[PDB]
Asks: 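Quick one: structure with ibrutinib.
Residue numbering for chain A follows the PDB entry, covering 389-659 in order. Order of listing sets the numbers, starting from 1, for every ligand and every atom in it. What's counted below: heavy atoms across the whole structure, side chains too, no hydrogens, waters or symmetry copies.
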Amino acid sequence: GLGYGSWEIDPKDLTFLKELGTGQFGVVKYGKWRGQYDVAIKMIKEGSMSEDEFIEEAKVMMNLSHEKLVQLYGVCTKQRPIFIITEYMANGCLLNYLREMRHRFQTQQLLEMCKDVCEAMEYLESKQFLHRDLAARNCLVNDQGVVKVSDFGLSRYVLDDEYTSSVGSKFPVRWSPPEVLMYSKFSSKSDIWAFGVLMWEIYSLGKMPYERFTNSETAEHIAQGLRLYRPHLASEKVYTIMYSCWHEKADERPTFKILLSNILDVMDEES
Ligand SMILES: C=CC(=O)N1CCC[C@@H](n2nc(-c3ccc(Oc4ccccc4)cc3)c3c(N)ncnc32)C1
């Protein structure tokens, strides 16, 4: 209505129902919009984000739409803290979901999680949109067990320097290819590398990549041409797919379209 741009939600239309905890960038709640639509409300703590840049980017993010990508519905920016209003994903963070041994996952379920993420990433790649921090901790799971990609591109607006540079204590070293760790060279191929590490996280039921190493040791391991090795639940064909994401030469890594074709092939062969 009057006073609101197409990317702006009126916070008065929100009903808060449940505290979900603190996610990356701030406190998140479950609620309703206009009494009946389920939403998540992510509250951005003051001083944590480059707010005007994020608001401009939110306009582009609103236009992204894919069934395996968490939908951004709008933002509430007339007050502090600002809110990010998104699709609600009842089963929460993928990393925590993988770590719950009660699920007793079949490998076909794990491969479907990989396919869900790959479809979202093929869509982002088709829009020339980099995720820049793909990992299981940045994927969500809905009430139907569908995994969707979340927090896409958001790292660009984080003000805490410990998260933003390779030399920072909170940088995603374990999901980064050699050219990012050595030279800060981000590209579609650094999202491909990260996707291979995410496939390893899924097939490992949420183990930390390079679980016995520090970040410093991981960077040395990778720079020396060494890699993660095969999770017990991954078949040789699944391992070949994730390993292809880790070629030392970025231009020899597949695209998300190729990875999708490889995953569908294994799904058919392992059906
Ligand atoms: C370890 C506990 C666990 O599960 N957590 C940790 C506590 C909060 C939980 N969480 N987070 C979101 C969410 C909400 C908004 C959002 O903004 C976007 C910004 C840019 C692009 C897309 C989204 C990102 C994630 C979220 C959600 N949507 N639905 C349910 N739980 C959520 C996940």
Asks: Could you tell me which macromolecule makes the most contacts with ibrutinib (ligand 1) here? Its name in UniProt would be great.
Replies: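 Main binding partner here: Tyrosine-protein kinase BTK.
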Asks: Below 3.5 angstrom, do we get any N/O pair linking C481 and ibrutinib (ligand 1)?
Replies: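 N/O-N/O distance below 3.5 Å exists for this pair.
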Asks: Once you restrict to heavy atoms under 4.0 Å, what part of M449 touches ibrutinib (ligand 1)? Side chain, backbone, both or neither.
Replies: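 Near ibrutinib (ligand 1), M449 shows its side chain, while the N, CA, C and O stay back.
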Asks: Of all the atoms in ibrutinib (ligand 1), which lie at a distance below 4.0 Å from a heavy atom belonging to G480?
Replies: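 Close to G480: 4 (O).
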Asks: What atoms of ibrutinib (ligand 1) come within less than 4.0 Å of a heavy atom belonging to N484?
Replies: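 Matching atoms, with element in brackets: 1 (C).
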Asks: Heavy atom to atom 22 (C) of ibrutinib (ligand 1), shortest distance: which of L482, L542, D539 holds it?
Replies: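 Residue with the shortest heavy-atom distance to the ligand atom: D539.
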Asks: Per UniProt domain annotation, where in chain A do most residues contacting ibrutinib (ligand 1) sit?
Replies: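 UniProt domain: Protein kinase.
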Asks: Would you look up which organism the entry lists as the source of chain A?
Replies: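 The PDB entry says Homo sapiens.
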Asks: Purely on distance, is any nitrogen or oxygen of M477 under 3.5 Å from one on ibrutinib (ligand 1)?
Replies: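 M477 vs ibrutinib (ligand 1): N/O contact under 3.5 Å present.
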Asks: Check whether any N or O atom of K430, backbone or side chain, sits under 3.5 Å from an N or O atom of ibrutinib (ligand 1), and answer yes or no.
Replies: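 Among all N and O atoms of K430, none is under 3.5 Å from an N or O of ibrutinib (ligand 1).
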Asks: When you look for heavy atoms under 4.0 Å from ibrutinib (ligand 1), do you find them on the side chain of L528, its backbone, both, or neither?
Replies: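 Just the side chain.
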Asks: For ibrutinib (ligand 1), which atoms sit closer than 4.0 Å to a heavy atom of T474?
Replies: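 The list of qualifying atoms is 14 (C), 15 (C), 16 (C), 17 (O), 18 (C), 23 (C), 28 (N).
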Asks: Which part of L408 is near ibrutinib (ligand 1), with near meaning a heavy atom under 4.0 Å away: side chain, backbone, both or neither?
Replies: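 The answer is both, backbone and side chain.
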Asks: Show which atoms of ibrutinib (ligand 1) fall inside a sub-4.0 Å distance from at least one heavy-atom site of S538.
Replies: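 Within the 4.0 Å cut-off of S538, ibrutinib (ligand 1) contributes 22 (C), 23 (C), 24 (C), 25 (C).
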